[PDB]
Chemist: 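Dropping the structure in here first, questions after.
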Amino acid sequence: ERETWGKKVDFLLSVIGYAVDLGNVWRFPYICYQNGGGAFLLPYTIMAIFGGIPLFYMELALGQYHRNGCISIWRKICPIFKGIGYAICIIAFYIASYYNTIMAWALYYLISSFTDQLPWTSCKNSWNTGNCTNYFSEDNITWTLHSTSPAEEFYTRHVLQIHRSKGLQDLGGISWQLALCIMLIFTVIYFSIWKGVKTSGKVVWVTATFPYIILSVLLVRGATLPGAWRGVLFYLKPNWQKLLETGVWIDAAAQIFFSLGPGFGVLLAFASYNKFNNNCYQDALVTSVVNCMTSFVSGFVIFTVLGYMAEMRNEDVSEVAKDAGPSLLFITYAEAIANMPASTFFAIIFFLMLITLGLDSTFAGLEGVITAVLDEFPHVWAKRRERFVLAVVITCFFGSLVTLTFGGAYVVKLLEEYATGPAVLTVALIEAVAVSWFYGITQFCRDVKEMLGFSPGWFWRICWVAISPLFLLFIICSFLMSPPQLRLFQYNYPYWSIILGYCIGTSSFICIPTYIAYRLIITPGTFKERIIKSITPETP
Amino acid sequence: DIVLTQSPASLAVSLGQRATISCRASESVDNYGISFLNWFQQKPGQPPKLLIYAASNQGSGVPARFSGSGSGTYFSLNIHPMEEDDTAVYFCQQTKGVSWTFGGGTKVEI
Amino acid sequence: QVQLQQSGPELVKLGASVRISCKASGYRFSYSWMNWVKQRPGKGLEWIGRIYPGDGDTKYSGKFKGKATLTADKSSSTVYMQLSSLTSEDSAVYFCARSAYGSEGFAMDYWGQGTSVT
Ligand SMILES: CCCCCCCCCCCCO[C@@H]1O[C@H](CO)[C@@H](O[C@H]2O[C@H](CO)[C@@H](O)[C@H](O)[C@H]2O)[C@H](O)[C@H]1O
Ligand SMILES: *[C@@H]1O[C@H](CO)[C@@H](O[C@@H]2O[C@H](CO)[C@@H](O)[C@H](O)[C@H]2NC(C)=O)[C@H](O)[C@H]1NC(C)=O
Ligand SMILES: CC[C@H]1C[C@@H]2C[C@H]3c4[nH]c5ccc(OC)cc5c4CCN(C2)[C@@H]13
């Protein structure tokens, strides 16, 4: 068969819907900008080949073989490493306080932009402004120090009232206007996983890949907008001092594992919920490359518009947002819409398509934790199915009121550097060691050929045993020695947040020896005899 | 058009005593912590002059004889070092939405 | 120190139209609002409207929604208040106050002498 372009339209656009996330649109432009642009792109293309793609391919192979969720994949592999799945459930609780709040900030801009007069265009004493210059060159205003744009003033005081909180040690009350905005999101999420029928259908077209093809028109505006020739040069600076000892590779380790999928246990249920594809080496290789390609375009439109800020402020590109945290997307897109001619209508379009692109990473993102826990109470879910799906939403809601307060960005950064960085990286290390150093690559190599019939490459077989556990161990060894301290919104850091940071990073690390110590005294025999009886797989 | 009424009408002159004036905020709160409220002096024949902005900060050039307090509905005014020169009328203004108005105004005379 | 002066007093005909000047310099003109305060002799104060320079926005109190007209000019740094449908109550002292620079919205002691019309 030739398999002409009639399949190519149906296939390639369906890969885009499974690739682009908010980790490719929101996380990646900000993680290039935290450690200096250009210095991140070259460690991005090396860590993805050596550490991202072989772990992206490993979880899809074990999903089609054992046909279970990530809680109960390990019972057919090694029964003492069941706490890895419990480490997935305790990390995914921390993501629901980290990732659902960014959705709550996206729907708030949709409500506050029905007016023909956009609030981003001026700082006209509307809610809380002052020391602001809206017209950069439209009313020949020169730029001075300690000045803020109205695109930043609309964020830093309207939606997230930062000045209410003096720091991380003192948080205010609860904002009534934002807490009712996240309530509408969890209503849609609960009314979407109520049945959960999505394997390969045509809902992937409208939900994800059609908002992406309309998001690419922002790059057309950035070409017309000035400062682009001095803007895109900052993204492509290959020379940087000491990319081996500083510790910017954990910014690459956390970004790749948040964008591709492995680490969060979402791939062990996604490859178990479909059928035998028989093209896993040819589908996941295209998907993992285009996931960096759908993130390269979104990592290119942001620094183009930030060159327009650096041009009319007469400052450096790294001088524009020196201490601005994870809200770089809600400032760059805040200015890039107001400079368009159709600023009123396109603000509704560009933000509503950002909502549907984020919900697909949540409607299918909960598949790694809801489907996986179905294999633990088999005789209970016949009268529990209305309860625990509702119970996990309310539990994640009540765990998210620590960051729906006025000091929101003081908690979102803490759940980014410590809850996503080392915690997902450690679980992905134990997932690779226990499948190769303990379960053995000999049994795993015969399991791939049963579903495919094609032998894995000699370049691939050296990765899961020696190469990929070496890079994951070097980053953790470089993290415990180096101070993880950063700076955010003219606030240095408190010293007690660092000790709090390692407590969150070891909150998932403590669950894995807990289940191993649970298997200590419950088995009889000699101490050397109890171990072999514990690591022996089950019998059907 | 949120209305506002001042609860006294006129006070006497006695040096070193308490003089407080409250405002009506039956449908009025503050949105961003810094309390949206103003105070103004106006001598007879003179244009109005700022006394206390944001109900807690000292005005530009005004000495420490005047200091405001309160949070929410009823707001205070400390005129405990009462001065003979302060024989004027005082006003109260809202700065929330398009509702800018003034109260009835209270003067002071022995 | 920001200079802010006004025009002189003017006479009032029945149902005519007036034009009150408000000149102010030494400050960023298209940065803040401009207040217009109505005060009858003997009565209290009354707010009329506001205007942001650069043809930004005009909000009225409601009593002068079709009776007052505010214009702005970034070149001359002056604003104008066109009144219509004059009566025996409109002849009073009008003020032209500059608003705050930001976070509160107060008056920055930048007031005029009062264009008293009668
Ligand atoms: C004024 C405030 C406006 C707030 C606006 C918020 C955005 C509007 C809601 C967008 C989300 C709902 O949009 C869409 O809804 C449908 C049905 O309702 C869901 O459901 C759809 O997909 C699921 C599986 O994915 C299928 O089982 C289902 O048959 C199909 O209808 C989608 O998953 C969601 O993408
Ligand atoms: C606008 O200007 C004001 C006045 O200079 C700034 O307020 C000061 O900011 C610096 C740091 O930026 C602080 O160290 C000072 O303590 C601030 N002064 C006061 C009295 O608080 C303000 O930060 C500027 N920028 C805005 C409002 O965005
Ligand atoms: C598909 C790509 C995955 C890789 C990162 C983590 C993961 C995940 N799992 C979750 C569990 C619960 C939850 O409640 C709102 C959200 C998530 C998310 C966030 C969306 N993404 C990014 C997925």
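Each chain gets a letter, A, B and so on, in the order the sequences are listed, and its residues count up from 1. The analysis underlying the following values was restricted to heavy atoms, covering all of them including side chains, and did not include hydrogens, waters or symmetry mates. When a ligand or atom number is given, it counts from 1 through the structure's own listing order.
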Chemist: Look at ligand 3 and say which of alosetron, ibogaine, capsaicin is there.
Modeler: ibogaine
Chemist: What would UniProt call the macromolecule that lies against ibogaine (ligand 3) with the most contacts here?
Modeler: Sodium-dependent serotonin transporter
Chemist: If you measure heavy-atom distances to ibogaine (ligand 3), which other chains fall under 4.0 Å?
Modeler: A
Chemist: What is the organism of origin for chain A, per the PDB?
Modeler: Homo sapiens
Chemist: Hey, which transmembrane segments of chain A have a heavy atom under 4.0 Å from ibogaine (ligand 3)? Number them from the N terminus like UniProt does.
Modeler: 1, 3, 6, 8
